[PDB]
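The model below depicts Voltage-dependent T-type calcium channel subunit alpha-1I holding pimozide.
One is the number of the first residue; the rest follow in order along the sequence. Numbering of ligands and ligand atoms starts at 1, following listing order.
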Amino acid sequence: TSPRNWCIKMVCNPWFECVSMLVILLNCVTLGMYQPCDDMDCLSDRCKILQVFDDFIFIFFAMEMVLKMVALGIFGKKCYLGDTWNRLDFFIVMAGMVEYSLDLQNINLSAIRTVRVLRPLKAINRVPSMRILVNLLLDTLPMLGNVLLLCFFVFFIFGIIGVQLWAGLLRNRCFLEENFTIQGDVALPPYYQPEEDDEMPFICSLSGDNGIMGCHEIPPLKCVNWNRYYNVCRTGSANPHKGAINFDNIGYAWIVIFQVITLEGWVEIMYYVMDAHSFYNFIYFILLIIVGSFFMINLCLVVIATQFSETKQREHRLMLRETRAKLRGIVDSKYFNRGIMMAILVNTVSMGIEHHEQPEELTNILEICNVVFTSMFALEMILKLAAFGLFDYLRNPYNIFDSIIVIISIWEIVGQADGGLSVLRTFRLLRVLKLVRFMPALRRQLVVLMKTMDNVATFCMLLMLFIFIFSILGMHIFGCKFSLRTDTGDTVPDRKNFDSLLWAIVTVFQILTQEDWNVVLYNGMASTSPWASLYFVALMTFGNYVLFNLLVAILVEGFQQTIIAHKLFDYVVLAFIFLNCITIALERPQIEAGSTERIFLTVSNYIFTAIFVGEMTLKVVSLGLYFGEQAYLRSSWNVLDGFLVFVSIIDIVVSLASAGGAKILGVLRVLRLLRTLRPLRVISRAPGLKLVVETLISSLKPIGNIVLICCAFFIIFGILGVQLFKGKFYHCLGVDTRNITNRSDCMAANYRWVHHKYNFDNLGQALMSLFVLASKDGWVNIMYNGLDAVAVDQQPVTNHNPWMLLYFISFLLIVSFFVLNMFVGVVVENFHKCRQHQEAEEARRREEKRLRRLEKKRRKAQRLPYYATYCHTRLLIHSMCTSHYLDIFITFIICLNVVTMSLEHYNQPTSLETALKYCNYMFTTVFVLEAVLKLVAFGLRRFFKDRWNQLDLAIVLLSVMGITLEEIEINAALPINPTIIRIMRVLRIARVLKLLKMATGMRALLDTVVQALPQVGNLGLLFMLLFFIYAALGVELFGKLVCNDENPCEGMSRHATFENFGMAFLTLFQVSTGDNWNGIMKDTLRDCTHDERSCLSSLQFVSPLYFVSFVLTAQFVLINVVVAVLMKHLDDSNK
Ligand SMILES: CC(C)CCC[C@@H](C)[C@H]1CC[C@H]2[C@@H]3CC=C4C[C@@H](OC(=O)CCC(=O)O)CC[C@]4(C)[C@H]3CC[C@@]12C
Ligand SMILES: CC(C)CCC[C@@H](C)[C@H]1CC[C@H]2[C@@H]3CC=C4C[C@@H](OC(=O)CCC(=O)O)CC[C@]4(C)[C@H]3CC[C@]12C
Ligand SMILES: CC(C)CCC[C@@H](C)[C@H]1CC[C@H]2[C@@H]3CC=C4C[C@@H](OC(=O)CCC(=O)O)CC[C@]4(C)[C@H]3CC[C@]12C
Ligand SMILES: CC(C)CCC[C@@H](C)[C@H]1CC[C@H]2[C@@H]3CC=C4C[C@@H](OC(=O)CCC(=O)O)CC[C@]4(C)[C@H]3CC[C@]12C
Ligand SMILES: O=c1[nH]c2ccccc2n1C1CCN(CCCC(c2ccc(F)cc2)c2ccc(F)cc2)CC1
Ligand SMILES: *[C@@H]1O[C@H](CO)[C@@H](O)[C@H](O)[C@H]1NC(C)=O
Ligand SMILES: [Ca+2]
Ligand SMILES: [Ca+2]
């Protein structure tokens, strides 16, 4: 109409969208200036003027809303409320309206002011690339419901188990005697806490509960052993971590299960449970990690990638002067280019040399070397501008880059006064970048990287919007609430606080990286209220398991003589290895020399070596070593076996030379190390593992380019880190650690000059620290040491140099992107391979698939026995009583049962327990009722043919057994061990599995997993084998690292040490998960007090290599498991 026609021109003007986006950004800026720790009551100039800007923004929002409705109409597909984000704009408009109205009413209500945080979210529709990406993501969400209901299963089952088992156990610290006698001066705390004010508790075990720590393992204080008086322990006070980790409710159990889903702070709470209740809870925690933490979130990645692929396909288908030439010859000589390559390589080698307290002569050598190299590069500059000419030089901008290097280098040489020495040295790294102009494959690889970034840009902008929104929200609800109490006289804020928007963003990024996010969780959820964990859950989930899987999907979709017998020899030699491996699983460095076990191990090694050399001889006489083709050494695995047997012979010969053991000890160490590799012949002597290892190696080459690029970035950033930090990572750890500046002041107080173990002195330690950063573990501590570092030899101060965040976050982001593109590379390769075959086999299956269609045509009607069940008092059971309306009843009763076990908690009112008992009776009776109905519906033919009614039978049998045993303790007929009742309550959870019948989508998803078990099982066997090899190596290497008070460990706490074999197999399982593995490495490389040669040994050279190789191999094996599942998923989606 005419009134609409007045404003359609303005509202449809792209200028209107431009000014809209501009006011969105200005609103974001006004939000950013919030200072919760400083902005109390808004009694300042900045506060009032920002309130004025927010008023203006609200005015503009109301104006744009009203014009858009009057010009587009209301409540219709073409009207204003047609598109989602128009409705969202409506929502924030009304929210601001009510906020302003309540502000007029003089009501503070800092619970609706927090709604402002949704305002930046309006920009999502004002950028078309963002619009289309978010539209696709929203459209691909609704197919994600299946994995989320799987999430509900694997949270609810374990939460019920936990609340039934460990309810309230966490509380029970260790108290004093009942009628205790003290002369006076009451300093004895009510219970015992080893560290001040209960951040590390001493959870005991009640009498009657078989815990492991039972209040007689307390440390004797070091006079008067006051601690020994802590005799008995009863419940009370608070659960551990400021009342944040417990299993009392089911909400708390869900919080804890979420924490161990993120694989952070895991062994801490596992050891709480072990302290309190039983030693056998590692089964509970490991079964959760394997299922809940790996087969769950990676199923989310698989489902998101697959569904996004098909939604992209769907939307796509919807559309459906003379010597110049002479000198030119020397330039492209194919020998001069390699000469300047060698020049640049030795230049970067020279650059990496410098370190802390470098030799006085060496720095002069380096500076003259720099002069030589810049002179050579300038010579190349002049010769190339001469033989080519000014225009020919500028034709390729790589020449421009080289000229830039030349000019900055000569400027650095000239700039010897000030300023230049601080920065122009730091630009020397660009000289390394000249290699790309030479190496060919590293041109196409970077080109395809840029092709990816072409689309990754919009996702990156989306990510920063998301992180900004959540940082604003956190800074609201947690603002100035993390004030850590006094420690040296003042309440120093936690470094992870939310007080300033800079710290808000860096803390939200920290949490997104899942490193020390539990510290923030506890320190926040004990500040506001226990419901504050929903914020962390929403952040971590919506970010990590949705947006990032979206990024992965974006990349993946973007890239589109004598007699010889060989009948059963392999199985028997595999048996012999099993035996050898259980001979290898016992050499703990604690068996006393000359014991029965030592002798048994020696003789077992003797016979096993005899058997293996015998089979080696058999094979070689069958084939021959290298005498022509098809010999013994024409295959890799035979070469490996020969290598192992040769090392075995060397070891036995040297061992028999034990006399004169001086100077050969290192040889013995190396020979033991190479012994531990012997459990690797299974791959050769088993077909599936052999094929899988070949497939791994084959998939390893197409990602080689990215690996080399990532290693180059590691070297570049390592040299950069050496440049920035030289010897700044020294801090005066003492009783005061205050009012002291430099080493001289520290020695004045005589405390100590402690040296951090993760530093940037050398380039090797630079690479170690960079690997720690890149693996998202313990990187916050390194970042704190980086920001705090002040100068060469004095105390770091808190946040001295907040600019290093750029380095410490840019490294994480770049390394993370390279790792993501490495995965995406594995998938593409594998798909290409299978797709090439696939169709061939599947064609024949489709020829058989129509036969299966013909098979169902046979199935039409074999006179089903409904009539025999008709008129026999059950004409209604078989037909009217087996309808879906009778199964909605069963599902509803299942949900009521779920929500009624979801109500148990510690110290519940007795009335609630009685009501739950009555509800259990109700539900058992009804389950019996439809069990009998189903049994009368049909005889025993289909009763054993359903394969699912048996599940109902088992459940009803468990339920009736449970209700029957309840009577036994009503009448006290027989003394029943409460363990039986425990098992029965905890097993009542089996009534949940009845939902699987209706959830056909979950059935399909779990199936798609199930027909991946060839590859998945072979990879799992490989993974166990890798743990075995690395555990044996670790036991041999770090076996004797004593952990006591005088050697305070950081990561190997109680059973995570390497002493035994299994105790090391656990710590390998812990390192693989990436929880406090950096702590374990710091524990190993630890100079001791000359108590042992292991501490003084070559640990520094070999411990980091051990840990890095293990972490890389474990992660790669897991990636290959995931890609196998994903390919089978795409194949199933094809059919
Ligand atoms: C390549 C990326 C993917 C991972 C980085 C691998 C590093 C963990 C490796 C390669 C460089 C090695 C470093 C080379 C040099 C050294 C110096 C070495 O000797 C020392 O300077 C400390 C002892 C001393 O001399 O006082 C300590 C081991 C270390 C850090 C090495 C740590 C382990 C390192 C093997
Ligand atoms: C192109 C579109 C899609 C980008 C959307 C993201 C922006 C809306 C976000 C990303 C970066 C944010 C900026 C990050 C940094 C700050 C600095 C901040 O100022 C302060 O740091 C003050 C700190 C203090 O006072 O203690 C003001 C908000 C602002 C500009 C933010 C405004 C909102 C920005 C631009
Ligand atoms: C996408 C949805 C499902 C999650 C998005 C996160 C927020 C919209 C929700 C989830 C967590 C909730 C918070 C949980 C904890 C806090 C602190 C909590 O502390 C108090 O009791 C202070 C009471 C007061 O004086 O306001 C009050 C509820 C609140 C603000 C909640 C506000 C709304 C939050 C941030
Ligand atoms: C079957 C093959 C293919 C590999 C299986 C080997 C391991 C999975 C098993 C078999 C031998 C078991 C080990 C047998 C003996 C020991 C020593 C044992 O040490 C002690 O308990 C001594 C301390 C004490 O007695 O109090 C710890 C368990 C452990 C490591 C066992 C851990 C689990 C092991 C390594
Ligand atoms: O959550 C995050 N925020 C972050 C912010 C910055 C940097 C990293 C961030 N992270 C990661 C943290 C852990 N987690 C999976 C790790 C690797 C994972 C993977 C690797 C590559 C890839 F392309 C997709 C998924 C994977 C999955 C299965 C495996 F078997 C091995 C490894 C999700 C991403
Ligand atoms: C070390 O700190 C003290 C304490 O103020 C100061 O006087 C001195 O100049 C500093 N530098 C030294 C001793 O080189
Ligand atoms: Ca950690
Ligand atoms: Ca981690």
**Q.** Every instance of pimozide
**A.** ligand 5
Q. Which transmembrane segments, counted from the N terminus in UniProt, of chain A have a heavy atom under 4.0 Å from pimozide (ligand 5)?
A. 6, 12, 18, 24
Q) Per the PDB, what organism is listed as the origin of chain A? A) Homo sapiens
